J.: 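Here it is, the structure, as structure tokens.
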Amino acid sequence: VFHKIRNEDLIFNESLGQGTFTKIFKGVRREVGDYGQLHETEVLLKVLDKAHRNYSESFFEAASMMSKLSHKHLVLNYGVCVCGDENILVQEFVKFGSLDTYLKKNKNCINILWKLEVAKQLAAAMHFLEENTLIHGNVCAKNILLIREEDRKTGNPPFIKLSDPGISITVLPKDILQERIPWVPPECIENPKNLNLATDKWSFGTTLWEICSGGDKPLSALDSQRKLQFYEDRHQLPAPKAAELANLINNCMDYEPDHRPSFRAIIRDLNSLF
Ligand SMILES: O=C(Nc1c[nH]nc1-c1nc2cc(CN3CCOCC3)ccc2[nH]1)NC1CC1
């Protein structure tokens, strides 16, 4: 499992946000680096809520997966802080935060080139998970982290990474399973044991919607009840103004899991644009 990192070396700084039953902070780690050097490294500290500690098994196994593989688009895990009454994951601090809020805050300066480049990097990471027969389970723009911006003054591209899935939808309560419509695929609302590789093909389609909709949240005007009726009337998401990917979004968000294209195919289609 995890490298154990002592409390004496971690220093909690500013709240950066929250996830599902989790508090997320910028931090500082003291450590001996390469050549016996001493570093004080910026980290990310993710605390499992005090009330929801019973979820700690899924909370840590979800991070356990990312640390079992190694790929340039997967977020690095440094270890777990050892306190006592706490569950703290220490992870790679990414300077530019969530694609989620980056898209909102930059909604007007994103040409479909920048979008397409980020989608290719995301499919690459999802294709690597697919060949390893490994389920993520929570592909959403808020689980995507921006290592590097475009540098509009050179021709460099952005570079993103993919973070933890967090607590499994296997165990979360149903009210929590139903606001993440349309990220949770329709079979998993039926019963979360429908979790399969095919889950990520649906959710990737929803993230593709988010990336094109300047950070709107799909179906944000609907409450839970209506979100369920969205799936029972088997509707689709509307096509974004930026519409070049509306077909790919729909092919990915297929109501039959066995028909969702492989990420091999998703990449090829994604590459066939000018
Ligand atoms: O939410 C997460 N955030 C991070 C993981 N590693 N590094 C981060 C992270 N890094 C962050 C950095 C900022 C500061 N910048 C302010 C303006 O420019 C953009 C962000 C804010 C929030 C940030 N979160 N991780 C998992 C998906 C739930």
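Numbering of residues begins at 1 and proceeds along the displayed sequence. The basis for the numbers below is simple: all heavy atoms, side chains too, and nothing from hydrogens, waters or symmetry mates. Whatever order the structure lists ligands and atoms in, that order sets their numbers, starting from 1.
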J.: At ligand 1, which drug is present?
T.: AT9283
J.: Could you tell me which macromolecule makes the most contacts with AT9283 here? Its name in the PDB entry would be great.
T.: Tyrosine-protein kinase JAK2
J.: Would a search of protein heavy atoms around atom 6 (N) of AT9283 find one under 4.0 Å away?
T.: yes
J.: Could you see which bit of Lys26 sits under 4.0 Å from AT9283, with heavy atoms only: side chain, backbone, both or neither?
T.: neither
J.: To check your reading of the model: name the closest protein heavy atom to atom 13 (C) of AT9283, its residue, and the distance in Å.
T.: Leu16 CD2, 4.0 Å
J.: Provide the organism of origin for chain A from the PDB annotation.
T.: Homo sapiens
J.: For atom 1 (O) of AT9283, what's the nearest protein heavy-atom neighbour? Residue, atom name and distance, please.
T.: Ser98 OG, 4.0 Å
J.: Could you find the nearest protein heavy atom to atom 18 (O) of AT9283 and give me its residue, atom name and distance?
T.: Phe96 O, 4.5 Å
J.: Relative to atom 25 (N) of AT9283, which among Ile24, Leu146, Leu145 owns the nearest non-hydrogen atom?
T.: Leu145
J.: Are any of the N/O atoms on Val94, whether in the backbone or the side chain, positioned under 3.5 angstrom from an N/O atom of AT9283?
T.: yes
J.: For AT9283, which atoms, with element, lie under 4.0 Å from some heavy atom of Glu92?
T.: 6 (N), 7 (N)
J.: I need the nearest protein heavy-atom contact for atom 14 (C) of AT9283: residue, atom name and distance, please.
T.: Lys95 O, 4.1 Å
J.: Who's the nearest protein heavy-atom neighbour of atom 23 (C) of AT9283, and how far?
T.: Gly97 CA, 3.6 Å
J.: Look at atom 8 (C) of AT9283 and say which protein heavy atom is nearest, naming residue and atom and giving the distance to 0.1 Å.
T.: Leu44 CD1, 3.4 Å
J.: Quick one: nearest non-hydrogen protein atom to atom 26 (C) of AT9283, plus distance?
T.: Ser163 OG, 3.1 Å
J.: Is atom 28 (C) of AT9283 near the protein, in the sense that some protein heavy atom lies at less than 4.0 Å from it?
T.: yes
J.: Looking only at distances, please establish whether an N/O atom of AT9283 is found under 3.5 Å from an N/O atom of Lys142.
T.: no
J.: Only heavy atoms of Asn143, strictly under 4.0 Å: list the atoms of AT9283 that pass.
T.: 27 (C), 28 (C)
J.: Taking only heavy atoms of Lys46, which atoms of AT9283 are found under 4.0 Å from at least one of them?
T.: 26 (C), 28 (C)
J.: Which residues form the binding site of AT9283 when counting heavy atoms under 4.0 Å?
T.: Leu16, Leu44, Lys46, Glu92, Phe93, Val94, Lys95, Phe96, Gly97, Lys142, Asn143, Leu145, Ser163
